[PDB]
*Asks:* 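Pasting a structure below so you can have a look.
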2 protein chains.
Amino acid sequence: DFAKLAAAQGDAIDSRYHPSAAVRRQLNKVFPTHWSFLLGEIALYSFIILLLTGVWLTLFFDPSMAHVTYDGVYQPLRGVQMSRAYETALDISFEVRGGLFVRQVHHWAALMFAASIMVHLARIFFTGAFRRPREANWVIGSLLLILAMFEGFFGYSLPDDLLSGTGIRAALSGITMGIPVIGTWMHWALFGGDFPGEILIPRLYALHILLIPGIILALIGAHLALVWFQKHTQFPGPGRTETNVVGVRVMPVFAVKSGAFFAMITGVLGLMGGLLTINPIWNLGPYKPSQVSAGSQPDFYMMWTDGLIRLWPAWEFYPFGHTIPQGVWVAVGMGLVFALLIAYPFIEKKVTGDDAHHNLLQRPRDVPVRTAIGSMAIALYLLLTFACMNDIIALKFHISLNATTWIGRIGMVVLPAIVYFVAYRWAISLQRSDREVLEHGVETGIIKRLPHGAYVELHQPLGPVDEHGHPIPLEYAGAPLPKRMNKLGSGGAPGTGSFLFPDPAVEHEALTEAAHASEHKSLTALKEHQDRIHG
Amino acid sequence: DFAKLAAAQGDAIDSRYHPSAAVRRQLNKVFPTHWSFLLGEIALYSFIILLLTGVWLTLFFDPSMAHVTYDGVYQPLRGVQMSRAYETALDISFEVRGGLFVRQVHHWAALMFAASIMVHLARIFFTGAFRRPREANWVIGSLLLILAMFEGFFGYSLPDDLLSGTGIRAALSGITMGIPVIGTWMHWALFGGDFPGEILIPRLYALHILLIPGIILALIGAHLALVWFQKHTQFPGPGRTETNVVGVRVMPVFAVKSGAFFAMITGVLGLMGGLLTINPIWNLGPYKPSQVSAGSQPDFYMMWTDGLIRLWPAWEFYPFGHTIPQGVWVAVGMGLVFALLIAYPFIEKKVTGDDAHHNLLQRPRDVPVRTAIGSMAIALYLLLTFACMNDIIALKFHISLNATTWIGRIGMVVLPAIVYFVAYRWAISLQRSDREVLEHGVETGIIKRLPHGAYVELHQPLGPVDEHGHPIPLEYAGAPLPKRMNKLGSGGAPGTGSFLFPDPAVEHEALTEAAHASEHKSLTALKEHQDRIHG
Ligand SMILES: CC(C)=CCC/C(C)=C/CC/C(C)=C/CC/C(C)=C/CC/C(C)=C/CC/C(C)=C/CC/C(C)=C/CC/C(C)=C/CC/C(C)=C/CC1=C(C)C(=O)c2ccccc2C1=O
Ligand SMILES: CCCCCCCCCCCCCCCC(=O)O[C@H](COC(=O)CCCCCCC[C@@H](C)CCCCCCCCC)COP(=O)(O)O[C@H]1[C@H](O)[C@H](O)[C@H](O)[C@@H](O)[C@@H]1O
Ligand code: HEM
Ligand code: HEM
Ligand SMILES: CCc1nc2ccc(Cl)cn2c1C(=O)NCc1ccc(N2CCC(c3ccc(OC(F)(F)F)cc3)CC2)cc1
Ligand SMILES: CCc1nc2ccc(Cl)cn2c1C(=O)NCc1ccc(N2CCC(c3ccc(OC(F)(F)F)cc3)CC2)cc1
């Protein structure tokens, strides 16, 4: 008797505890159903996978630089001195069943975590979800993104590897040593000595499995709590206002689709972990200060750092008996970058002056200046990222390495300007397309007028029609407009039988007029709610 | 202008957010001011300290069994092969400023965590705090205690050491490989091979810095959430009923005193970490399977297990080609212990039949059977714990080791019975003391009656007095009774000047009158609240 058991357990829970009010309150919470709002979920989902994979990896990884001979299965590295960390990474790849798969999906999940964070940040930036109600969210999210990047760096740096080892040498050692006042001191504190210090990998392990994931989890808890209680923002629409959330309640619909999206994201990550090779460390011998590779890139989320190193023209300064290495520059760069990312909503509200409680999102086209700024930032990020890959780009695409370096050098100043101009004009053009469709209506096939040979596109008004042919123009309300009759109720009733065979005409009828009635009732209900809001 | 700044920040928070209702509700929550209710806080506080210390130790500890010669500062262990984990523990003790202090306070905080969990469990059990609402909090609390014991085990087992190494060898290896069906399989999965397997310490590190701490943190969060939202239970008293909480609000008083208690507990822990030496691993040579010492004990929270093994009469069984080693027994016994701990409240409500929603605690004396059971359990635990020390007890207190073993063996059945009988009769005698105080009143000095030589105690009634001398007997109400005229308004007006010099008689008179009136106002408020509640 499962129904009776469920009732009894509910009564026990509500008799010991009293969550009925609270449980109902969240089960009834409405979440907007825009696809873009799922972007952030991806990151969360990816994050979860990382945790689930990370713990597994912790059961088989020994962080240390204790030199050891492999003496393991992988023949091409036998008797070769390697840190215990590299030996255990090799053991996970080869010695433990599924270990290659587990660490592969872990690294793919790290990459997806980074990429989905970037996509979510772009979404919220261009849609203006960071305004008055939710700057703090932005801020923590920015911090969150930063942490992710660094943890990723500490992730592929954990298995002491030639690629990851040279990445540590460049970034941590060189840049930290370059910092003027305390740079050498910070370097000696982080490594407990010079670069090959014997307490680096254990410290990175502690930072990467315990500290940074814990901080990220706390910040994600804060993020999701704010989004939950600062109820999600929404795009402008028919019944959508600054004082309501139009969508689907949590329990019936939103929870099911969120869980299904987590399942499908996990499936994508598993398929990648199987079919795609990520960080094949065995090909990468154990780290040695002398051995090198030509590629020598970090994961894509630090490629912008590496490209900024490459493109910055070797500018150093030499004070009284002191050196300020060019590496210093990148540190300042990151500062500014982060200092501008974390603080952006406050600069936006200081310049624009928008200090109002904004709950309705803004289409990126409706904010040409911010859309242009974000496109410029994305262009600079892409330029830096590809500059980090200028070695490989030159190798595969035959372009001289100096030519690629100088293309990046001139680009980091020119390409942002061109992209800003183009994005500004593009946003204004999208606005004008919206205005044109409002004032004329959707476009269709051409007809030749009866008496003469006039050719007219035979538009479709979206609103009331004037006494004559042309309609009354509608007022833009910040919502997307249909540029294709395709997406209206035109030519959209295929036979509902099957792909191969039909269903009886009575069944097809029943179904099609039922769907027509349902969608008309949806439209009518939204319109009636809209009118009831004001009227 | 700190007032203006605070007002502006509050307005900004309440404009971006709307927590005024929630903030007020959590600021007004009432928590009873009984000392025993702070006991659990100790554990939480100590837990926090562990985290704060644990992180510090993760920046300096290298888990591994990579054999290395010390070649460090500690001369007595130089050129001796040992694990990198032991080398880094020694470096923390000697090579890191304050590292010895930090790890000593970490171990002392682990011991205080265990002891305070154990005392808090004693409080909850004897007071019936687990009885209906809060039965789950007992289960989740009992699972915190088990996790804490295992966490401490993996902690002092973490720095590969002679004492901790032999502890691992005994418990984790022998008991695990003694289990009939899967003992060897579990042993090989845990160690990745035979006992000294090269993956043990890194896996224990993963379990001890992240996994088990994470589970404990989540369970503690659930525990505190339940206590917070299942309003904390209270002892019976004047204005206290099943349907209220009498005490102090959170912010002005409870929060300040809780913070001060956290400060005082961390001060005690720091004082212990400095003045008291805990786990001098440098004296404990690096673990070698052929080496062992006489002591060979685990931390107190696990000693009972060892004690059990010492006192269990070497009973084995030999099925067809197989053997169940006597070690198995302790595991089974351990199971039983936890099996009887996690599932106690349900056994209590099955035997007594008492499933009512109890928000008022009950004094241990008021429940003689449960008090006797708890005393019996504590007696068995103490017997086992001291049996685990029978080596040291025999050494210092000259008793033949065989005599101590057999004393423990006979005791683990006799002493619980004697303690049960004594505690039952003691609880009933305490009840009778309370009943006679109610019937007759408090006791005082003796007087010889005027006409004859009668000597009378000169009692002092607590309630209405009958027409003649003797008072109407009061009915027990589940609250402590005053057994000393000490603790009433008797002989309690010392000089308020100072310890050395007086204050002017006017100031003393004003102060004492004000305190006297304040006590009347408090008692009167409680009395009117009582009368309004009942009538
Ligand atoms: C700092 C900086 C960016 C300097 C300049 C370097 C740079 C990016 C130069 C451009 C590279 C190109 C496009 C070379 C083709 C020749 C060329 C320049 C033609 C004129 C360009 C032009 C405007 C043409 C008009 C039409 C048009 C837009 C054509 C673009 C053609 C292309 C390549 C489109 C796709 C863009 C693309 C995927 C570029 C490569 C990006 C990267 C980093 C790929 C990395 C990558 C590599 C390197 C692998 O080897 C590989 C092997 C197996 C599986 C996967 C991969 C993989 O993903
Ligand atoms: C998203 C990325 C978009 C690109 C952004 C940046 C746009 C700004 C472009 C700036 C162009 C600057 C070109 C100058 C560069 C420079 O200064 O270097 C020269 C080499 O000139 C060249 O090649 C001309 C190259 C010009 C091509 C730029 C074309 C634009 C492409 C990249 C756009 C496609 C983007 C597609 C992106 C895909 C989508 C992204 C998501 C000489 O080098 P070198 O080789 O050493 O020659 C030695 C002598 O020196 C020496 O004397 C002589 O003696 C010899 O020894 C000789 O060897
Ligand atoms: C939270 C975001 C996280 C990110 C972005 C991240 C990223 C990464 C990446 C990219 C690697 C490289 C793996 C390889 O190349 O083989 C790695 C390694 C590793 N990660 Fe993380 N990780 C995260 C969380 C965690 C957590 C929570 C744990 C532990 C519970 C963990 C444990 C490990 C371990 C042990 C390794 C080394 C094992 C190996 O390389 O095979 N990670 N991490
Ligand atoms: C949650 C309850 C915890 C308990 C009961 C506990 C207990 C212990 C104990 C008794 C030791 C022995 C240390 C010694 O004798 O020198 C230890 C070692 C250690 N603990 Fe924990 N611990 C806890 C949590 C943590 C946490 C949260 C971390 C990290 C954030 C941590 C990190 C460490 C490290 C790295 C060591 C080895 C360092 C050394 O011994 O030199 N512990 N633990
Ligand atoms: C260098 C580029 C690169 N080339 C290669 C080649 C091959 C491979 Cl495989 C990888 N790469 C990479 C690479 O991956 N780079 C990632 C990276 C870069 C810098 C930092 N930095 C943290 C802060 C430090 C800092 C700054 C300010 C401080 O002051 C404060 F904050 F106030 F305390 C303190 C510390 C500088 C180093 C991290 C990761
Ligand atoms: C042995 C005594 C001792 N002598 C010395 C001498 C010197 C020193 Cl320094 C310390 N000692 C100690 C010592 O500290 N003992 C602590 C101890 C005891 C047992 C276990 N066991 C948990 C369950 C495992 C188990 C069993 C069944 C399971 O089945 C399930 F639950 F269903 F999955 C799962 C796990 C076996 C090990 C741990 C620590």
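In what follows, chains are A, B, ... by sequence order, proteins preceding strands, each numbered from 1. If you check the header, you will see the structure was determined by electron microscopy, 3.0 Å. Scope of the values below: all heavy atoms of this structure, side chains included, with no hydrogens, waters or symmetry mates. When a ligand or atom number is given, it counts from 1 through the structure's own listing order. The structure shown is a partial extract from the entry, and contact counts are restricted to the extract.
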*Asks:* So what's the drug over at ligand 6?
*Replies:* telacebec
*Asks:* Could you peek at this structure and say which chain has the most contacts with telacebec (ligand 6)? A name from the PDB entry would do.
*Replies:* Cytochrome bc1 complex cytochrome b subunit
*Asks:* I'd love to know which other chains sit under 4.0 Å from telacebec (ligand 6), counting non-hydrogen atoms.
*Replies:* B
*Asks:* Give the other ligands and ions closer than 4.0 Å to telacebec (ligand 6), with numbers and names.
*Replies:* none
*Asks:* I'd love a list of the residues lining telacebec (ligand 6) within 4.0 Å - heavy atoms, by chain and number.
*Replies:* B/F150, B/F153, B/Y156, B/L163, B/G167, B/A170, B/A171, B/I175, B/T176, B/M186, B/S296, B/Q297, B/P298, B/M302, B/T305, B/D306, B/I309, B/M334
